[PDB]
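Okay, so here's the structure we're looking at.
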2 protein chains.
Amino acid sequence: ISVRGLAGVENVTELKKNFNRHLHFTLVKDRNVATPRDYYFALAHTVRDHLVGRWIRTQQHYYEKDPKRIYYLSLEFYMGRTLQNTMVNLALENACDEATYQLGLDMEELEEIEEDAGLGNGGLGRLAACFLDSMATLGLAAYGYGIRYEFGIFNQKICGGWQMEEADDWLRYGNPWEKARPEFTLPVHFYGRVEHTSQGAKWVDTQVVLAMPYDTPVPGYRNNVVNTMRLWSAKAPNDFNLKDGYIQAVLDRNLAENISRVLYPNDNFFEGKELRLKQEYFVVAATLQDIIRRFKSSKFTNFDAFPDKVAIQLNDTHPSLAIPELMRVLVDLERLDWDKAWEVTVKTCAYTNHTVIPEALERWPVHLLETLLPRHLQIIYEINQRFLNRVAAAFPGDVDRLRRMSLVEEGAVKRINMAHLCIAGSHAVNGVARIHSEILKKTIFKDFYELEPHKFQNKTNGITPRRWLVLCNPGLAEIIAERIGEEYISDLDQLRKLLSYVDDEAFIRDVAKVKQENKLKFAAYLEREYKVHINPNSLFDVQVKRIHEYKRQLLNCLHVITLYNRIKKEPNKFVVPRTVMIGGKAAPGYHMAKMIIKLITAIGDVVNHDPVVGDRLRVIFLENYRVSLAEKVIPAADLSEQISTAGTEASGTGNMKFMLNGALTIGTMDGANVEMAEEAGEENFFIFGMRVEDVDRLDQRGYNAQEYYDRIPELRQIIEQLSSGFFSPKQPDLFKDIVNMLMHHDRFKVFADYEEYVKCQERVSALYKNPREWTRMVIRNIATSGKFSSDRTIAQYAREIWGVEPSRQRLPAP
Amino acid sequence: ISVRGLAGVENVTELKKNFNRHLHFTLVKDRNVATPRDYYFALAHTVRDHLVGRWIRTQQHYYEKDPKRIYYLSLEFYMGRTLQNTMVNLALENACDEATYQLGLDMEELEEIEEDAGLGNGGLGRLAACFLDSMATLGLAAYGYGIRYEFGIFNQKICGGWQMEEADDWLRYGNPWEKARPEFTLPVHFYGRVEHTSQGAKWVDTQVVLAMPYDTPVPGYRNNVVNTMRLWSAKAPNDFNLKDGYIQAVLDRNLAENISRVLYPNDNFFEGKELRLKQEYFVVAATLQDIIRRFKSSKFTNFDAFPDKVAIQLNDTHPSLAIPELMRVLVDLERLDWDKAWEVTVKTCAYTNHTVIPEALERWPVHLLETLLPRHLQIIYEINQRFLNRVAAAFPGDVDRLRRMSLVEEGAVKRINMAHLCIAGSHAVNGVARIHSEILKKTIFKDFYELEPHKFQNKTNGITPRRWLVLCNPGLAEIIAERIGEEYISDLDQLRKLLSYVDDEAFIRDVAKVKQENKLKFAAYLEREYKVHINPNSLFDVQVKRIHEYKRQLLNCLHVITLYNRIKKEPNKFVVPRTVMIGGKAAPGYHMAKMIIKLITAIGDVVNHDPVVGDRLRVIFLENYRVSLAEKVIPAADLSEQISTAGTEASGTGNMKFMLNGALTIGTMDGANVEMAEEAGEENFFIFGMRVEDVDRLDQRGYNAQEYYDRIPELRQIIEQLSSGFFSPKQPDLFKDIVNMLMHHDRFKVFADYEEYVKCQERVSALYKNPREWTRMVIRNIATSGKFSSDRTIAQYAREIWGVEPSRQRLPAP
Ligand SMILES: O=c1[nH]cnc2c1ncn2[C@@H]1O[C@H](COP(=O)(O)O)[C@@H](O)[C@H]1O
Ligand SMILES: O=c1[nH]cnc2c1ncn2[C@@H]1O[C@H](COP(=O)(O)O)[C@@H](O)[C@H]1O
Ligand SMILES: *Cc1c(COP(=O)(O)O)cnc(C)c1O
Ligand SMILES: *Cc1c(COP(=O)(O)O)cnc(C)c1O
Ligand SMILES: Cn1c(=O)c2c(ncn2C)n(C)c1=O
Ligand SMILES: Cn1c(=O)c2c(ncn2C)n(C)c1=O
């Protein structure tokens, strides 16, 4: 059937009876009223059974051996479905497929019933999920810590071409993977005031909110290691939240519990709301108590060995309060002197930066911290004081450098620069792509780099080959395994061996066959769940990621309209057929992004119903783009669009997902695109547009969009089409904000890359016309994507930051 | 060990491995970190396993055979713990006791970890729970329908002698007995308006709240019948509750979900709050859709057979909206003519009245119904119109009778008398005790009784012998079974056979021994969990029920202070030692009731620390009185206090609980007290005080408390002690509200029954001094309590109201 494992005689039989056990005893149903949803749950419970045994020994093991523990703090964990991924990592896929088949059920049909765990916005949240899988696979004693939102990223609905948001009640039917642990509930404090008495400060008169943990298992790839992802849920105490109308007192509990109610749906954007700050401290305060408790047990109160036993990784600045919180505990509660406490804190903390755009930077108003976390503000001022004293001593008289490096920003309202806080309290700061890391040193954190050059590093992102290959593209994984075996699943570098089959006639035919099968399946799914046909013979041109101005979905739109206009000019001229698919969610308050989604659908309305165009060009907007949808489109894509303005996309990861699944990449020299082209050879990549230096040259000069409008008739024609209502008949001025922006305030110079972009697009169309060569280029990309596995990234974090050695050693059976 | 069943070899072994299965796979724990709470859950899950098989066949059976279905609607279900009760009804107690013993655990210690299901206030909610158990035991296709409050009756804490309320988070650790059924979620409407179009009215523009069901199994006594208790939970739709700030929209969902958040803690008191009205319609609207769906399937759309297949019992007026709601559905949706719809509604509905005190009567302001349920108000006006037309036609010219019987009350604000609505739309109205039922006919509902005498009936309350005897008093159940067998557990009348052992020397010794063992165990529990000693040789004088003015805990207080004053007058005179225990919760807004609790504790402060008193008199306030606590005190009581003012306690059930457990009763000729004395012989009962007629004579005359104050020096002395601060030194005027009330506005004439009350108390003290005779009187009470089993009550409801025949037939195994 494939290498989804063995369908053993004894195990298929065992599986079937447990499936029936759960359907009866757990679901309390009888075959005669059981629905597909019930069947999915019976299976989910049966599969979950297989890793509890391993889960218990893994955790017990870490308690015995007592290795250094890695704590990955993140406010987001974009997990997606977990049934199939668990079967894969446990080598249960074929056995379950068989058993369910014998029970007369279609496993694939049941897998589709599982709700996605959308506790993330995009890249940042998904990185965390891939990292967890890799840390488990590399046998690291790692813990994922976050918030258990009852509402994840909203579900996107398109109504009249506009995005409509609706609550993601992912817990509605229950979550068979999590295990509530009410017995480990912890208290978290808010507000109050600070008392300075005799021997130390005291945080007093605080409001208490309880943090209840929920553990979810994270199985490594076939090594019997099952790590833990602990997610905190807010609960109100039953005393003061009643003890300070009786009915009203009880109804008001849903005020303390609102803290873990919903994920903020902003991607690369900072909103200084108090509820967000509360979520950030909540996850930090609860998590740290757990970290210290575990340490106090260990084999040990000298906190001198704390950094030898603990490592906490900050996924962006969101969990940055962990620095002043670790100090508070050590100094206020444990009574360590400042200097000793600081040494410990810096040595256990490490920070990961994800972007350089200003609007994404967390700068919290002081009055907010002042009211909500009074003691933390005091600690931050003191950290700032001592840090600046270090700067002055290093750069005597550099008074401007002092104000520039301050953790405290003066002005309208004083704010705290969380990024500066993280650099100061961490022993390592890293970028997520080579170019992004360099930019950090040359620009944004230049002053900090000059002060402590040893702190700055790079750790190029990666994706897990398990979910992003074996799981979503079994067909491709099979033919690869037929030639080079299976060891590449946990050693992606081995994909290089595929280079020697680049001229192999059978392989070329096979690689091309699986991609064709994937396109047919997706084209079907399209009509199944969304309804309105596409042509599987055309080039699948797809751009899927969050809707942003910097990601330039607009630049993609300009190209689409150009293709359309050229066809209408010479209708009877042959052009390579294309189905361009654009998908992604816009943050609710991002007006421009929502305007762009309307533009996309507007273009599709015109293009898809023009008889002269026929099946040569289709514009489709992929609704509710999420992890589970990504697992479907990516394996079916031919062309991957990664066209952000050079210098704006820190790294990106979707690009990597496409490269590993047989799609060619048209993109700019941005983020990881650079290392990908470098790995496959620029000749097997479609690079275009300005490089970072060109962007800066243009900025010195000054960007004037009119110029491009004046010199390019094709561009001019498009803008006048938008301006006159060609794409919005009933509301002619509908897109005035887009045009206005493009012409007068384009921060991402869309027009500057237009000419080179369509020119480059012509080159891919030329290559698509030559199936054999297109496929050979594909093989060159796949065979060379090994570097982008999160196992490599994690192995680097482990050795260069955490001080731990990865291990591919199978844990002593289950 | 006892007749808790057989401890079979194969079954104890089977139990142990499943206990271990759940501890590992369900709880995900290992013996080395498992706590008693974990062990309780492993056992609970193991026991729950045994009734799912029976639960599924029972429900499947009803679907095949299709018998008349009984729907018991109640806003309260005071269930208490359910582990032991399930073992008992399944004959698993000894096997589980053995198995757990072999696993090295104490079953009793684990049973104490289970949280009470306190979804009730007192009598009304407990009646519903006892009824469910009896209906299951008598093999009726019955369903309990209510609301799944996440916060039940508050937990009472005494701070400085005052009651402190605190949220009852009974779901904190989970509920292993319930089964969420999200797939059967139903929509419920609120607000909106009414459109009258061509062919009928339409309820439009309504706000939708979803009702999610949770099923809990109700096992019959050893007959393999497991009925269902369906509890609705409020959930917000994910569309409009977002689709009409994005964050705020999501946080505001906890507005529609507040409907099932908390139980109103009022006992026999009406509060016209909108949230209450919402809870009442919510349970009614959701439940009826389920009833009709089930009917539409049946073996059948002629609703003529609806009453032959359905019976809905209204537990008080709380679910009264079921009448106009059934009409709305039949007329508005099914399109039946009014008259046909009304005939059907009246024939399937039946109403149970629980009290005659005005302050407990539900009279909803019209403006509230007008805004929240516009169509229901219209239907109620139309029902009223046609009903009054019936009255006028029966009593021509009786214009006053017309206004008196109206469902609509004029005045300050127009209101709807829910009780009148229930009488009009039901084919049977019943009281809960013979005297209460007569009073209804002679007083409160006299006009209605004259109009349709056939509607009025009586159904004397009862209690379940399983939980209220076998479960809480295994020692007594054992010695009874030793002489007459076990058939009495489901045939309590057989207790009469115990009359022939009334002179048996061994039995007298045994009955007295178990009571002594029960007192020792309770006296221990007291020091264990609450701490401060009592003497197990004294008379256990206990009054446990909700704190009320009509229940006269105050009359009990007067007696306690009298005993104290007599001892202080003649210290060296012998008096029978007593431990008087008073317990019960006061509704949060009931000032007087909270004042009474403070008085009780105040008396105990003086009495319990007076050296001259010694161990001859102890005053104890039983904290957090609830079902699980009742199962502890009652079996240990010698004297049961049921001293309400004649005519105010509809029936009472605690009185019955005490009679069955070997306690003697000192009470007034009120509620069921009358039938109890009638059953045991007034010579074996301590009756005192005014009878109903005496109370009325006094009212004609006019009640003047001064008189009693003037003629009784002992009474006078007590009042002056309260007035001068003898019981409240630091705050001398603390009890001025109690004294003021007692002297000027005592609606329950406490002083009128004082003299006869202490005189009667002297008689019980005299009898207690004669152990042999006290015990013989006890045997006369127990042997004669058979009539008060809920099996008798249910059998009567079944035959005289529902039209179904009970059956003690074992369902075809599990
Ligand atoms: O005091 C202890 N005795 C024995 N095992 C322990 C003890 N504390 C932790 N463990 C084991 O270590 C695992 C780790 O628990 P943690 O504290 O959540 O990391 C537990 O599930 C147990 O198997
Ligand atoms: O359409 C049907 N086919 C077969 N069994 C049914 C069907 N509807 C109900 N049942 C059975 O009847 C039980 C009663 O379900 P209820 O609708 O919740 O009362 C179900 O659990 C099934 O065993
Ligand atoms: C991988 C992934 C992302 C990140 O994509 P980029 O193109 O790097 O912005 C976002 N969303 C989902 C659902 C993903 O799978
Ligand atoms: C039986 C019971 C009641 C009813 O007692 P009465 O004396 O009839 O008022 C109230 N509360 C609980 C906990 C009960 O067990
Ligand atoms: C101006 N703006 C927003 O207003 C915004 C956003 N992301 C979310 N929002 C609300 N981004 C990226 C942005 O540039
Ligand atoms: C006056 N009053 C109340 O105010 C009250 C009550 N029960 C609850 N409350 C709040 N009762 C029985 C009562 O008589």
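In this entry the chain letters A, B, ... are assigned according to the order of the sequence lines. Since chain A takes its numbers from the PDB entry, the residues it shows come out as 13-256, 261-316, 324-837. Following the PDB entry, chain B shows residues 13-256, 261-316, 324-837, kept in their order. Going by what the header records, the deposited coordinates were determined by X-ray crystallography, 2.3 Å. When a ligand or atom number is given, it counts from 1 through the structure's own listing order. Atoms considered below: every heavy atom in the structure, side chains included; atoms not considered: hydrogens, waters and symmetry mates.
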Specify the drug or drug candidate modeled at ligand 6. caffeine
Find the chain with the greatest contact count to caffeine (ligand 6) and give its name in UniProt. Glycogen phosphorylase, muscle form
Which other chain letters have a heavy atom less than 4.0 Å from caffeine (ligand 6)? B
Around atom 9 (N) of caffeine (ligand 6), find the nearest protein heavy atom and jot down its residue, atom name and distance. B:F285 CD2, 3.5 Å
Looking only at protein heavy atoms, which one is nearest to atom 8 (C) of caffeine (ligand 6), and how far off is it? B:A610 CB, 3.4 Å
At a non-hydrogen distance cut-off of under 4.0 Å, which region of B:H571 contacts caffeine (ligand 6) (side chain, backbone, both, or neither)? side chain
Residues within 4.0 Å of caffeine (ligand 6) (heavy atoms): B:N282, B:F285, B:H571, B:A610, B:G612, B:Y613
